Number of protein chains: 4
Amino acid sequence: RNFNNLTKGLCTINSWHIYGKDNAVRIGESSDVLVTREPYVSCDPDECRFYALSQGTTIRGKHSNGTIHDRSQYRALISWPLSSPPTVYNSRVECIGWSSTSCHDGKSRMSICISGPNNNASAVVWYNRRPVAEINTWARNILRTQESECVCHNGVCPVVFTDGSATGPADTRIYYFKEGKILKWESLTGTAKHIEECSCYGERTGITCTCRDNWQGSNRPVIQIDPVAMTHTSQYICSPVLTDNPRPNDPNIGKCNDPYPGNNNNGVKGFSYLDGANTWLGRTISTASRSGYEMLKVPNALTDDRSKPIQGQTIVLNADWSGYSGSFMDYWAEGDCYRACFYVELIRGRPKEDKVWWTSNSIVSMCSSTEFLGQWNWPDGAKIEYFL
Amino acid sequence: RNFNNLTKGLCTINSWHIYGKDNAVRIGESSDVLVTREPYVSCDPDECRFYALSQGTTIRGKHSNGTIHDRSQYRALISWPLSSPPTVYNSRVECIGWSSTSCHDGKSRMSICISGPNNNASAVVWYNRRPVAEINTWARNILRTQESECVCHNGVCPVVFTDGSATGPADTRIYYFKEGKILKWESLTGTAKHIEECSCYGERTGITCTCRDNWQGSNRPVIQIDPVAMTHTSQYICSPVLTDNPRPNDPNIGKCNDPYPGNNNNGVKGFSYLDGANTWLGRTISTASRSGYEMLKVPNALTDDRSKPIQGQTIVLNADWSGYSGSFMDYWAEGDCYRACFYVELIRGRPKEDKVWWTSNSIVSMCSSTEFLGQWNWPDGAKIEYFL
Amino acid sequence: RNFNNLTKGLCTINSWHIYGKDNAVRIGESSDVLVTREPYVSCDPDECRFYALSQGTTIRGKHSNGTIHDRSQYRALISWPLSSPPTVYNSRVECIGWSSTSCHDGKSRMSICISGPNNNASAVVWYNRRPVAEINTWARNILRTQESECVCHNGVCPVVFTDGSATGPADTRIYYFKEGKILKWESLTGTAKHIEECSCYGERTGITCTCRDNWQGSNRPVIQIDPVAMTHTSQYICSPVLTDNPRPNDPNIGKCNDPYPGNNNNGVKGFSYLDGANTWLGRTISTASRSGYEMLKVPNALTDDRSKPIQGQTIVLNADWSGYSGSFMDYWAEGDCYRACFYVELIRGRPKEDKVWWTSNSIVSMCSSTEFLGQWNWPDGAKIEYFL
Amino acid sequence: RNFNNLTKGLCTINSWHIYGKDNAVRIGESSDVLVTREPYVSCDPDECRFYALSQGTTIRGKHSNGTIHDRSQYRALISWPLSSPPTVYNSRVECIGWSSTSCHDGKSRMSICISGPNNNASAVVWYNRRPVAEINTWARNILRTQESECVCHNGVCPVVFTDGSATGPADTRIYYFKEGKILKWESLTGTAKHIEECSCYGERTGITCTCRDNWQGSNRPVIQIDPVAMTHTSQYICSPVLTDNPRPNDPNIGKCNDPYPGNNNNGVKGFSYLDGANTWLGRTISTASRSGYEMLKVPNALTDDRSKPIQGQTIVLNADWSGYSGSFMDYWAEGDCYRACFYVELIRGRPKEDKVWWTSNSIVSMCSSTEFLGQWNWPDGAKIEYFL
Ligand SMILES: *[C@@H]1O[C@H](CO)[C@@H](O[C@@H]2O[C@H](CO)[C@@H](O[C@@H]3O[C@H](CO[C@H]4O[C@H](CO[C@H]5O[C@H](CO)[C@@H](O)[C@H](O)[C@@H]5O)[C@@H](O)[C@H](O[C@H]5O[C@H](CO)[C@@H](O)[C@H](O)[C@@H]5O)[C@@H]4O)[C@@H](O)[C@H](O[C@H]4O[C@H](CO)[C@@H](O)[C@H](O)[C@@H]4O[C@H]4O[C@H](CO)[C@@H](O)[C@H](O)[C@@H]4O[C@H]4O[C@H](CO)[C@@H](O)[C@H](O)[C@@H]4O)[C@@H]3O)[C@H](O)[C@H]2NC(C)=O)[C@H](O)[C@H]1NC(C)=O
Ligand SMILES: *[C@@H]1O[C@H](CO)[C@@H](O[C@@H]2O[C@H](CO)[C@@H](O[C@@H]3O[C@H](CO[C@H]4O[C@H](CO[C@H]5O[C@H](CO)[C@@H](O)[C@H](O)[C@@H]5O)[C@@H](O)[C@H](O[C@H]5O[C@H](CO)[C@@H](O)[C@H](O)[C@@H]5O)[C@@H]4O)[C@@H](O)[C@H](O[C@H]4O[C@H](CO)[C@@H](O)[C@H](O)[C@@H]4O[C@H]4O[C@H](CO)[C@@H](O)[C@H](O)[C@@H]4O[C@H]4O[C@H](CO)[C@@H](O)[C@H](O)[C@@H]4O)[C@@H]3O)[C@H](O)[C@H]2NC(C)=O)[C@H](O)[C@H]1NC(C)=O
Ligand SMILES: *[C@@H]1O[C@H](CO)[C@@H](O[C@@H]2O[C@H](CO)[C@@H](O[C@@H]3O[C@H](CO[C@H]4O[C@H](CO[C@H]5O[C@H](CO)[C@@H](O)[C@H](O)[C@@H]5O)[C@@H](O)[C@H](O[C@H]5O[C@H](CO)[C@@H](O)[C@H](O)[C@@H]5O)[C@@H]4O)[C@@H](O)[C@H](O[C@H]4O[C@H](CO)[C@@H](O)[C@H](O)[C@@H]4O[C@H]4O[C@H](CO)[C@@H](O)[C@H](O)[C@@H]4O[C@H]4O[C@H](CO)[C@@H](O)[C@H](O)[C@@H]4O)[C@@H]3O)[C@H](O)[C@H]2NC(C)=O)[C@H](O)[C@H]1NC(C)=O
Ligand SMILES: *[C@@H]1O[C@H](CO)[C@@H](O[C@@H]2O[C@H](CO)[C@@H](O[C@@H]3O[C@H](CO[C@H]4O[C@H](CO[C@H]5O[C@H](CO)[C@@H](O)[C@H](O)[C@@H]5O)[C@@H](O)[C@H](O[C@H]5O[C@H](CO)[C@@H](O)[C@H](O)[C@@H]5O)[C@@H]4O)[C@@H](O)[C@H](O[C@H]4O[C@H](CO)[C@@H](O)[C@H](O)[C@@H]4O[C@H]4O[C@H](CO)[C@@H](O)[C@H](O)[C@@H]4O[C@H]4O[C@H](CO)[C@@H](O)[C@H](O)[C@@H]4O)[C@@H]3O)[C@H](O)[C@H]2NC(C)=O)[C@H](O)[C@H]1NC(C)=O
Ligand SMILES: CCC(CC)[C@H](NC(C)=O)[C@@H]1[C@H](O)[C@@H](C(=O)O)C[C@H]1NC(=N)N
Ligand SMILES: CCC(CC)[C@H](NC(C)=O)[C@@H]1[C@H](O)[C@@H](C(=O)O)C[C@H]1NC(=N)N
Ligand SMILES: CCC(CC)[C@H](NC(C)=O)[C@@H]1[C@H](O)[C@@H](C(=O)O)C[C@H]1NC(=N)N
Ligand SMILES: [Ca+2]
Ligand SMILES: [Ca+2]
Ligand SMILES: [Ca+2]
Ligand SMILES: [Ca+2]
């Protein structure tokens, strides 16, 4: 009934506990489960749900052949109950397209989907399940957005978009929406040199987004947004604990205002929680491919170019495939602090497992604990040979 | 809680954006998706849904054999969540029959289904999910109706029916319903010479229906209805931009008060938005068969027999199958204008793809934008060979 | 919020219109549809639903083998949305057992299921989805009940039970429930000599039940119940238009107070609407087996032993299988009269179609019209050979 | 809106009536039914539901191979509508883990799931569908809990946990939760020597839990909890009617304060209702394996070491497989007493039926009657050979 305001700080993060897991590939071996990728999680005031980009076919369906493809007319943003798999019969379509974001402002949910050919893409902004505003491509090269949830404050929901080359200078914009309408947009400023797929969270200080430099960087760009003034700045995570993938080995001095070099023209969506001594970074374990996942406690990672881990937790073993990761929080939970959460996309199939002709994923998700909890590891769990 | 009144004009239409798409044939290759045809879209005050005539079998089911047939005892009007496919487990049956219309009046939804043999058909009018009134055939020859949504004003919901020959003079009536009860009916008046499958929308000026002349015309008949006086007139779209299918090539002078000749005893359900300089017409790209779909901006198409396009947008490539098309709007959306919307039925199977024994469809739907958005094309997307 | 009172008379019945049809066997050929039998329909104040006794297996499931059996531990009363099929995923279990009745009193629904071996069966009475009262067998021989909906007045819902031989004298009781609790029960009185499977409806005059004499009669016993005094009487339909199955040919004088002879130890559940000149009887067309179905207007059938039809309507052709039939009405519909409704069970499989090893059914349902509507015929529609 | 208080005594138990049964294995032979084990039942103020630990695969799915395993990353506590089977499309995930409990306090539901490796397991406590508190392992040996519902009084919901050896002395704790937060915990006191899988119910006197001694006992330990003082005591059921499995034959003197010897390092979850002369015990019929199930009326079983049965009821024949059993009640039912209920897990597959590679179950559930009802028997009902 009222817009949510970001009035709390992050809860102290001493470990991570299991929040959700859908086992979608395991179940989809023998159930009508939609092929997906680019999943995330987002909360309403009364419910938290899984989100992803469907490929408009089930995994066992013959149309799963070719689903490594990123952008087709058969994709849509869908949502479904927490820890259920995305099935044909329980998935709610939020909008049509092949790149998305979504968030609830306390009153209603805004969802954004982009569709179109590479040179003529357009975003449609939905609010309370109705289309409200539209944004045409500005650089005519795959207009695209976060692939995880946005964050709102007093009705204002900033969203990061990029249009242009994925392997060079591009045109990144921050849009400020309210009830789906465009209040304002800004071109990217600050020292981040390339921006993709921002993972955002909000707290009393403002909104923090950790992104993917797909051009020259293996450190992650950060965009900090003031949703009241509707302004932002950008830089990189200063820490030498590098968190993109693929990536070089960790040095002892990171880079605050420029890409850390070694790997070009690639990356993976990821996230971090940047909160002084309460700072935690997520990354794939492997420096070469999207396998494994760990959280590392790196004090002042955002600002300290010497910072190293003082604690950690394995989420997925290096022997198991991971993928995209991003942040979300239940802004409507009771208590005096916001509990940090994240999900990890567990990609199965192509390109790495090419005995099948499809690409899909399942989801695992965690939230922070003030306890120091024992760790497990959370594989997708499907046997690829069952699909042969 | 109150009846909706048509108090707004159309939003300015500068392009079209994707609204919904269910990918039903793709998904139905390996899911329990009902065989359908004659789909449409209609909104409640709190939700918009897909509608269609089920054939009472799934596509993979052996009973899909023979579903080219138009009128069986196994058909029903079903509705299901926007952009989901019509599955056995998520489809709500509105009423039983093989021709239908449906609309919400602001308080409750009226649904009409016609069933029966060709010489003894009858309509049942449902209101708030209960049968309220019934109408017996008057010409004993396939009593039939719109196959898209009706429109209401202050509780009054006009509906166009036809009974009689589909290839000659027939008996068309306009009925005026309120809470499912018959207030009044009228025989067709005006210059339209044959009427089928009217696609309607409402705005402050009244209700506008674009129909199908299945007898001698390839221009589309139009019926204009005053839901307050409960009266109507009819003519044809004057424009030489002809919009039926099949159809002759576009001349330079159209016909306002008589069928444009060249093609007899056939047609396709279609629609238009007739709003002065803000006028847009939909049509198949092919003049020979139901393939492709485009929208054309044709100023004053209704009244100007010389009018030509000044802008357009491709919806479906000519290389891809289309089918029926019709209008709907979310009359309960916020703002100062009604946003024009439409759907296109994408028919797959027989008669054109006869290596399968079934006929079904999927749906694509668009709404207008005040932006000038880039265009894509929206194929059904199923590979027919997967069903062999 | 208040108990419903029976304050209206029946609407004038001039013909019948299609109300619902689920096509369950057609769809179940390739969908997870539960095997059922003994279906019915019953309304809540906000919704009308299909009901039936599941067999605890789908039709395609290997456990469908043997489902001709009447009483197993795997049966349950289920309900599901009007005109949907009874699927594993959309069916709500009301209670466990192999004989049932159910009705809404205006505030909440009472459901009764009987389970047990032949000599030790017991009824459990559920109210507002909780078990409230239980009734043990009194004759130790298949305690059993209506297999269609009961009817309530000011909270009082009478139900007819039988315990004892199905082919001789048995012990029939009328129970009077309120909020699931037993107010009173009575032994059968009047001239009906054997009672099974009563089909009931209520109006201002009281509650009328048409039953099945499975012993010596081919005319139908009738029980008339005053839900205020909680008393009843019984007789037979006097009309020589005989309505059981199997049955002798129609004579010219029927029997008011004794079974009409010719066929012993068999019958079928059926119904009638007994309302003076507005009287309609349902029956199978065949006198030999459960095939075909027709409604006949037989003025004063209840009291006139000479009464013959003056109008009729075919529901199912004799060439198509029928089965059980029963009455229900939407007591919560608006207007000044109760609209008579009925369903027909369309049995497929064993014993008549024994190339399959299962027995199931679909449902067709009609309601009365004050119009004189054209008639169609409504087959189950499944091709049995598809299941081989 | 208010916390439930335990203000009533147990209803007099004179027999048991069928409450629910899902036939999950029968249906899962040809439907997307999840593999489960460790099921239970629990009520909300407006609904009662089935619960179980999913294995993250369907029965027909190839991933059902190996589901005898107790603790994997693919398990989750799910709930689903009463007497429906646990399907992919109707099951709601409550939390992730391989051991669980859940209960409603009158306002909202608390659910607890434990996950992790054997030496590093942790419990997450959810309240109103959000994670609220976490508890780390204290003995580093399979932290584990009830596998049936907990019970609340004025917001306080006690839960019994065990950590440590399953075949020797272990560390059992009673936790006291309110709105998911830990008010207090206590180490086990009293004469019970080993505690597993407590089955609890509440009434005005307090909360009673019947557990499983997996070490040296074949009599069942009992924990009695005062949810106001938040204190407890423990002992064994004194009766010589022994109720664990496997177990020795019944002696004539039981043991109140020590394990009854004969069988070591095994057991089965079970329950009892301990209420003076109104006392009923459940047990498997076989003393050797988990087959059959019966209820026995054993007056003062808790305190009388000579007590023997004076009445009984067979639930499952010895010829049929049973498994875990536990207590629940609808604390929100109307009336002056709490109606005792229980469920029995009917395990199918491995280890006893090893021609299949999976292990799953279905559920049967009963509630008490004040009538003396006839008894039936309730097998799972699936034919194992259909799965070959
Ligand atoms: C039950 O569950 C519990 C809870 O989960 C389990 O306990 C957990 O165990 C895990 C696994 O060991 C721990 O995670 C690691 O944490 C360490 C950080 O803690 C260590 O270091 C701290 C900092 O020390 C520095 O400062 C202090 C200041 O005093 C100074 O004294 C010290 O000398 C040093 O200068 C210490 O404070 C800390 O000690 C404390 O905690 C101890 C317990 O851990 C305890 O015993 C002590 O008493 C004290 O209380 C401790 O020593 C992380 O460093 C580590 O992450 C690195 O290693 C993993 C591989 O295991 C790797 O994947 C990570 O990426 C990372 O290493 C890479 O990056 C580094 C940084 O750039 C680089 O330096 C490395 O060379 C390495 O780089 C290579 O790999 C990466 C990745 O592939 C690649 O990108 C690079 O290019 C390169 O190739 C782990 O996260 C948990 O913290 C711990 N949790 C708790 C609460 O205890 C418990 O084990 C379970 N029980 C059982 C029986 O299983
Ligand atoms: C990214 O996306 C954007 C947005 O979608 C893309 O931009 C769009 O591009 C499409 C495709 O070109 C455009 O659609 C066409 O629009 C034209 C109408 O616009 C043209 O004509 C206007 C009218 O000109 C007249 O009046 C002016 C008054 O000043 C006068 O000056 C002029 O000389 C003439 O007298 C012009 O105003 C307009 O110019 C403006 O816009 C230009 C951009 O388009 C711009 O460059 C200019 O500067 C200016 O601003 C422009 O010239 C439609 O005519 C056309 O539809 C016809 O053609 C298609 C085939 O492509 C056909 O399917 C249609 O049915 C139709 O042609 C049939 O019907 C005609 C009418 O009867 C008939 O005459 C034809 O012979 C033909 O008939 C045959 O086929 C039919 C169908 O099968 C059959 O039934 C007949 O029997 C017969 O066989 C298109 O709709 C969009 O308007 C445009 N949108 C925007 C906002 O720009 C962009 O391309 C994308 N980018 C990339 C890189 O892909
Ligand atoms: C479009 O749809 C419309 C609407 O549905 C269709 O119109 C409908 O058509 C059907 C089919 O014909 C009609 O159903 C039949 O109705 C008759 C009753 O109506 C007839 O009889 C009335 C009574 O006459 C008596 O009294 C009058 C008083 O004046 C007196 O004048 C007369 O001489 C006689 O004494 C007449 O009033 C009535 O006339 C009126 O209506 C006419 C239209 O029908 C109209 O033309 C007239 O102008 C006038 O207005 C009319 O003559 C039922 O008798 C009949 O049911 C019997 O026959 C069917 C087989 O068709 C059978 O299945 C039934 O069970 C029943 O016959 C069995 O039972 C009898 C009673 O015991 C027995 O006597 C029979 O021998 C027979 O018994 C055998 O079979 C049974 C069953 O298997 C077995 O159990 C026995 O043992 C034995 O073996 C039909 O129900 C509709 O009424 C009619 N509706 C309307 C509104 O018009 C229209 O056709 C469709 N259009 C097209 C093109 O298809
Ligand atoms: C329709 O449905 C109805 C309702 O369900 C059916 O009626 C039911 O029928 C069942 C089956 O018979 C009954 O269950 C049994 O109940 C008896 C208890 O009742 C008997 O004993 C009572 C106590 O007598 C003692 O005190 C009295 C005090 O006066 C004294 O007089 C007497 O001499 C003695 O000292 C009697 O009061 C009672 O009589 C009353 O009820 C009679 C009807 O039952 C009636 O005829 C009388 O007039 C009177 O009114 C009656 O005699 C339980 O003992 C029994 O449970 C034992 O047996 C079963 C096997 O059947 C077994 O599975 C149980 O575990 C148990 O036996 C084991 O444990 C014992 C205790 O340790 C042990 O002693 C045994 O040796 C045995 O141990 C072995 O097996 C176990 C298990 O595998 C193993 O662990 C051990 O190690 C060892 O190997 C049954 O539960 C119902 O009570 C009854 N219900 C009602 C309301 O009547 C009706 O039959 C159905 N109709 C039809 C046609 O089918
Ligand atoms: C070309 C730009 C890419 C991001 C830097 C690309 N984004 C889009 C909209 O295509 C992603 C990338 O190619 C894939 C990934 O690296 O796994 C997913 C893919 N993302 C989506 N398909 N939504
Ligand atoms: C004979 C009259 C026809 C319309 C002019 C016909 N309508 C009905 C009720 O049968 C349509 C037409 O035959 C088919 C179409 O052209 O695709 C669909 C078909 N419409 C439906 N099956 N609902
Ligand atoms: C033996 C008594 C019979 C009724 C007269 C019998 N009723 C029960 C409870 O078994 C019915 C009868 O045998 C079958 C019918 O005639 O189709 C159904 C069957 N009814 C049900 N299975 N519910
Ligand atoms: Ca990079
Ligand atoms: Ca035409
Ligand atoms: Ca009979
Ligand atoms: Ca034991």
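Chains are designated A, B, ... according to the position of each sequence line. Quick note: numbers on chain A are straight from the PDB entry, i.e. 83-470, in order. Numbering of chain B is taken from the PDB entry, so the residues present carry the numbers 83-470, in order. Using the numbering of the PDB entry, the residues shown for chain C are 83-470, in order. We're sticking with the PDB entry numbering for chain D, so the shown stretch reads 83-470, in order. As the structure lists them, so they are numbered: ligands from 1, and atoms in each ligand from 1.
The drug located at ligand 7 is named peramivir. The chain with the most heavy-atom contacts to peramivir (ligand 7) in this structure is named in the PDB entry as Neuraminidase.
Other chains within a heavy-atom distance below 4.0 Å of peramivir (ligand 7) are, by letter, C. Neighbouring residues of peramivir (ligand 7) under 4.0 Å (non-hydrogen atoms) are C/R119, C/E120, C/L135, C/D152, C/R153, C/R157, C/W180, C/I224, C/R226, C/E229, C/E278, C/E279, C/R294, C/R372, C/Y406.
Within the listing of peramivir (ligand 7), atoms 11 (C), 12 (C), 14 (C), 15 (C), 16 (O), 17 (O), 18 (C), 19 (C) sit less than 4.0 angstrom from a heavy atom of C/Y406. Annotation: atom 16 (O) of peramivir (ligand 7) to nearest protein heavy atom, C/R372 NH2, 2.7 Å. Considering backbone and side-chain atoms alike, C/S181 places every N or O at 3.5 Å or more from each N or O of peramivir (ligand 7).
The protein heavy atom nearest to atom 8 (C) of peramivir (ligand 7) is C/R153 NH1, 4.0 Å.
For a threshold of 3.5 Å applied to N or O pairs, the pair formed by C/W180 and peramivir (ligand 7) contains at least one separation below that value. Looking at C/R226 next to peramivir (ligand 7), no N or O pair under 3.5 Å apart turns up.
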Between peramivir (ligand 7) and the protein, tabulate every N or O atom pair separated by less than 3.5 Å, reporting distance only.
{"unit_1": "peramivir (ligand 7)", "atom_1": "10 (O)", "unit_2": "C/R153", "atom_2": "NH1", "d": "2.9"}
{"unit_1": "peramivir (ligand 7)", "atom_1": "13 (O)", "unit_2": "C/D152", "atom_2": "OD2", "d": "3.0"}
{"unit_1": "peramivir (ligand 7)", "atom_1": "16 (O)", "unit_2": "C/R294", "atom_2": "NH1", "d": "3.3"}
{"unit_1": "peramivir (ligand 7)", "atom_1": "16 (O)", "unit_2": "C/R294", "atom_2": "NH2", "d": "3.2"}
{"unit_1": "peramivir (ligand 7)", "atom_1": "16 (O)", "unit_2": "C/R372", "atom_2": "NH2", "d": "2.7"}
{"unit_1": "peramivir (ligand 7)", "atom_1": "16 (O)", "unit_2": "C/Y406", "atom_2": "OH", "d": "3.4"}
{"unit_1": "peramivir (ligand 7)", "atom_1": "17 (O)", "unit_2": "C/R119", "atom_2": "NH1", "d": "2.7"}
{"unit_1": "peramivir (ligand 7)", "atom_1": "17 (O)", "unit_2": "C/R119", "atom_2": "NH2", "d": "3.1"}
{"unit_1": "peramivir (ligand 7)", "atom_1": "17 (O)", "unit_2": "C/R372", "atom_2": "NH1", "d": "2.7"}
{"unit_1": "peramivir (ligand 7)", "atom_1": "17 (O)", "unit_2": "C/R372", "atom_2": "NH2", "d": "3.4"}
{"unit_1": "peramivir (ligand 7)", "atom_1": "22 (N)", "unit_2": "C/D152", "atom_2": "O", "d": "3.3"}
{"unit_1": "peramivir (ligand 7)", "atom_1": "22 (N)", "unit_2": "C/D152", "atom_2": "OD1", "d": "3.3"}
{"unit_1": "peramivir (ligand 7)", "atom_1": "23 (N)", "unit_2": "C/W180", "atom_2": "O", "d": "2.8"}
{"unit_1": "peramivir (ligand 7)", "atom_1": "23 (N)", "unit_2": "C/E229", "atom_2": "OE2", "d": "2.9"}

